[PDB]
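Co-structure: tiamulin and 23S rRNA.
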Amino acid sequence: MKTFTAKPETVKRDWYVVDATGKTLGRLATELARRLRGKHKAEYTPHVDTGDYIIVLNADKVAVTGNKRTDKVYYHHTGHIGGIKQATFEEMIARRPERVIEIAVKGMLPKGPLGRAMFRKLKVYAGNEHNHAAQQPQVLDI
Amino acid sequence: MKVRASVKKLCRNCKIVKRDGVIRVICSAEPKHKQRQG
Amino acid sequence: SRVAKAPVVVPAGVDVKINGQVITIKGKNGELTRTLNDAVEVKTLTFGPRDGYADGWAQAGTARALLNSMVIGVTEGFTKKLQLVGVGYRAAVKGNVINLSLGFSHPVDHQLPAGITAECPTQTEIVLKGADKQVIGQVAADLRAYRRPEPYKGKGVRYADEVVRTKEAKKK
Amino acid sequence: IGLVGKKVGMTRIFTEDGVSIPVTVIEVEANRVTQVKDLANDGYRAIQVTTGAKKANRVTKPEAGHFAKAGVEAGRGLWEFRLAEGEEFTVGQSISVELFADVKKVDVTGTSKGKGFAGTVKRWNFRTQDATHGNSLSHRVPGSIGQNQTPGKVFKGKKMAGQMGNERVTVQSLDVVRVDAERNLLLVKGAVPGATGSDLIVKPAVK
RNA sequence: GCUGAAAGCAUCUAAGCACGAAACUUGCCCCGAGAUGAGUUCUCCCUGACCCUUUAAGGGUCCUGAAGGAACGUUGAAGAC
RNA sequence: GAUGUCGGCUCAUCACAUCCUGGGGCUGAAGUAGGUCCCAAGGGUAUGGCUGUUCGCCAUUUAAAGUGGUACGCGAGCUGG
RNA sequence: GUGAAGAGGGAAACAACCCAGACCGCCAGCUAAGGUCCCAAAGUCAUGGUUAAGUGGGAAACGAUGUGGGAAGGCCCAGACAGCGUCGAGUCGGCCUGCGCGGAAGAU
Ligand SMILES: CN(C)[C@@H]1C(O)=C(C(N)=O)C(=O)[C@@]2(O)C(O)=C3C(=O)c4c(cc5ccc(CN6CC(F)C6)cc5c4O)C[C@H]3C[C@@H]12
Ligand SMILES: CN(C)[C@@H]1C(O)=C(C(N)=O)C(=O)[C@@]2(O)C(O)=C3C(=O)c4c(cc5ccc(CN6CC(F)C6)cc5c4O)C[C@H]3C[C@@H]12
Ligand SMILES: C=C[C@]1(C)C[C@@H](OC(=O)CSCCN(CC)CC)[C@]2(C)[C@H](C)CC[C@]3(CCC(=O)[C@H]32)[C@@H](C)[C@@H]1O
Ligand SMILES: [K+]
Ligand SMILES: [K+]
Ligand SMILES: [K+]
Ligand SMILES: [K+]
Ligand SMILES: [K+]
Ligand SMILES: [K+]
Ligand SMILES: [K+]
Ligand SMILES: [K+]
Ligand SMILES: [K+]
Ligand SMILES: [K+]
Ligand SMILES: [Mg+2]
Ligand SMILES: [Mg+2]
Ligand SMILES: [Mg+2]
Ligand SMILES: [Mg+2]
Ligand SMILES: [Mg+2]
Ligand SMILES: [Mg+2]
Ligand SMILES: [Mg+2]
Ligand SMILES: [Mg+2]
Ligand SMILES: [Mg+2]
Ligand SMILES: [Mg+2]
Ligand SMILES: [Mg+2]
Ligand SMILES: [Mg+2]
Ligand SMILES: [Mg+2]
Ligand SMILES: [Mg+2]
Ligand SMILES: [Mg+2]
Ligand SMILES: [Mg+2]
Ligand SMILES: [Mg+2]
Ligand SMILES: [Mg+2]
Ligand SMILES: [Mg+2]
Ligand SMILES: [Mg+2]
Ligand SMILES: [Mg+2]
Ligand SMILES: [Mg+2]
Ligand SMILES: [Mg+2]
Ligand SMILES: [Mg+2]
Ligand SMILES: [Mg+2]
Ligand SMILES: [Mg+2]
Ligand SMILES: [Mg+2]
Ligand SMILES: [Mg+2]
Ligand SMILES: [Mg+2]
Ligand SMILES: [Mg+2]
Ligand SMILES: [Zn+2]
């Protein structure tokens, strides 16, 4: 027989809710990336999104070690000459705290259309409330 | 402030102090003896 | 080490709360609160490294010294004296606002924090008072900063005990 | 808040001490509040206003229902002004130019006159090259637009020919010369953006 | 700089606290939801039958044609089109 | 089996080893005005005489008339000394 | 020795370095160099240490109470060491060695 392949039509994706409070950024992000990709399922298929939907609460309370809170720098370029911009981790937390988790996870997901599709299943919130009661997310301790 | 690679006690009133990862010489007697490694 | 080892005598009329990692001493001259580094156990008060803390003796010695000051603070309390040197340099206290004339085109109008109190014995002296040794230190530094004592004549705001070193100009 | 008016034109005011003040005359008819936005419903605090009049046949049913909810006659457009904390308004309230009675300076926003496709000389104040001394077909042309292989491209934001004017412009900190509630007029010192007859937004000066 | 141990002292620093520049983040002006993460608010409009099969976000017929749009015309201190 | 060359003109863009403006330590810093070092790249940063000149000298300005990288930036953009 | 005239795996990419020599087919298995948190296959493996510099992941003379280990020493309850006779336990400064720190400015 040919090896099994997951089918995008029939894949079951569960909903989970994770609390980022006090969790180390990168060690949370690897577990998120793993589960968004579906690497935790026996039906894992490289060309199919078999992963789960994950709500992350309290993104503003994510932890980092060392002097990273002040010294970790996020760079981006605007596309305009001289348009190199930067923000420290602490500035990112103050202004756009959900982006810290989102940026970390995006860099750990595959690049290309499927990786972008996998990222859409991550729902990051700054505080302790989400609006997805209807999806009945299960608590997941990462 | 003298900014040098070699910072040293220049008299008995000079003290070596490390502040924020920088070796400095502070002197109670002589302001000319104030140094920062750099 | 030696600082940390020595416990602090807490007098009668002075009351010490300990709740989690918080000290909040009562008493006549005032009231004061702090939270210490998590390497310190405050057992008089007695201070010591907690286990799993390499800085614990360093942290205990500072804790000791701060609480010694806090228990001084709410008894005899702290006083700081400043002197104005220079023609036309006056000071005057008015509520919680010291008014310094210091040879500027504008009057300086420095406001004391919540519980520091000033008196001008003469116009050329300020006498600060409070329970917090850090805050009275900071207020005194801020007042000195308006016109720090200058090296040719010694003019400006000085600490009354300060010995301002003087020099003469370039020889012609 | 500010008000919406119309650029009537420019004139002057002679003072008794022999100063001629150039003025823009702005007709500021009653601005009628058509909607109040609040934090609960809209996520921000603002008034929407209309002014002037539109012919019934040019008022669409969606537009007409919006005006009818407010209980105001249709005006020529809708504009929003953000509210500060103490500012409160009610739907249907008319706001007149007397708003500016004690305002010393205003910012005036309009659509600048349209120059169409403009060259670099006009649009960006580029210098012309030689009219003579051998110049071949290159009198008002832009010159070089980049370097060489490094970087081997033109940078974004390069100043080049293109549409000029016909855009939103604010002129800040114009003196209010006269507020005439009777005639619905605001006189401001100096020029403001746009052609005679164009819409102007007038706000108390932010600076 | 303050307070302050490690290091009985000293020490702006290790814990803790305060100042500090046209640089930085804002504040000012303009663009801006293709922000595909395509958001929000207000208002308006459409309230008919039936047949068929590969029963399905299925296909067609008759009746109906709204709000609004476009087109055309007269045009504009809008504009190469 | 061709990667157009000095200088000018037009238009730039980056670095910072900073010319001006901003902050600061030391001074053989009285003041005024300097010297030197540290921080700082936001913006600003001559016109002429002579010469193909770049440069330089000179005249007269300026807060200042920065130093470099960009095929010693830029001839499918101009010039052609 | 390899490339030339040599594919495969590793060294991000990278003839000439490391592993290794492709007769063809397989949706079997074991290994090499190199690896095992996610991109990305495999240890968020075990035990004992070191480092706080993101050192690791560019680094020289030289500078420094950074911090771990070691071998001697001088002085010390006949009271040292510091600060003010007081004072009441260690203190002092060289050597060797592990890992770090400064020295460290460039152009889309
Ligand atoms: C080619 N390869 C062996 C290495 C490589 O793959 C890289 C890379 N980034 O992938 C390199 O950077 C490399 O090509 C390279 O450029 C190196 C060096 O430049 C280099 C290296 C180590 C050195 C050690 C000491 C000295 C001291 N110098 C010698 C004398 F002149 C004073 C210089 C070094 C040096 O220049 C690493 C290699 C690695 C290369
Ligand atoms: C990390 N990365 C930036 C480079 C890299 O990827 C490699 C690699 N092989 O893939 C390296 O080898 C690298 O990590 C490395 O180790 C380097 C060096 O060791 C290196 C390099 C250049 C040097 C130039 C001069 C000198 C000597 N002078 C006197 C001393 F004070 C400095 C040493 C060098 C050196 O050690 C290249 C980098 C490249 C790195
Ligand atoms: C003909 C070649 C030219 C147009 C000019 C050339 O300049 C010379 O070769 C100077 S010597 C020849 C002068 N002349 C004939 C007597 C012909 C231009 C010169 C400046 C270089 C020195 C050699 C390389 C070059 C390309 C880039 C460049 O700078 C050119 C060639 C590939 C180019 O095609
Ligand atoms: K939208
Ligand atoms: K340049
Ligand atoms: K100076
Ligand atoms: K600058
Ligand atoms: K060339
Ligand atoms: K040329
Ligand atoms: K070309
Ligand atoms: K041409
Ligand atoms: K061979
Ligand atoms: K690093
Ligand atoms: Mg890939
Ligand atoms: Mg500092
Ligand atoms: Mg026009
Ligand atoms: Mg000209
Ligand atoms: Mg010709
Ligand atoms: Mg011509
Ligand atoms: Mg490219
Ligand atoms: Mg002390
Ligand atoms: Mg300015
Ligand atoms: Mg060819
Ligand atoms: Mg610099
Ligand atoms: Mg910048
Ligand atoms: Mg700014
Ligand atoms: Mg000249
Ligand atoms: Mg060139
Ligand atoms: Mg150049
Ligand atoms: Mg030509
Ligand atoms: Mg060219
Ligand atoms: Mg010629
Ligand atoms: Mg050959
Ligand atoms: Mg090979
Ligand atoms: Mg290979
Ligand atoms: Mg390499
Ligand atoms: Mg490398
Ligand atoms: Mg490869
Ligand atoms: Mg195996
Ligand atoms: Mg894996
Ligand atoms: Mg482990
Ligand atoms: Mg490194
Ligand atoms: Mg080093
Ligand atoms: Zn000295």
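First the proteins, then the strands, lettered A, B, ... as listed; each starts at 1. Note that these values count all heavy atoms, side chains included, but never hydrogens, waters or copies made by symmetry. Contacts here are counted within a displayed part of the entry, not across the full deposit. First listed ligand is number 1; within each ligand, the first listed atom is number 1.
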Locate tiamulin in the structure and give every matching ligand or chain. ligand 3
Return the other chains, by letter, having a non-hydrogen atom closer than 4.0 Å to tiamulin. F
Which taxon does the entry assign to RNA chain F? Escherichia coli BW25113
Which residues from other chains neighbour tiamulin at a non-hydrogen distance under 4.0 Å? F:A2, F:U3, F:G4, F:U5
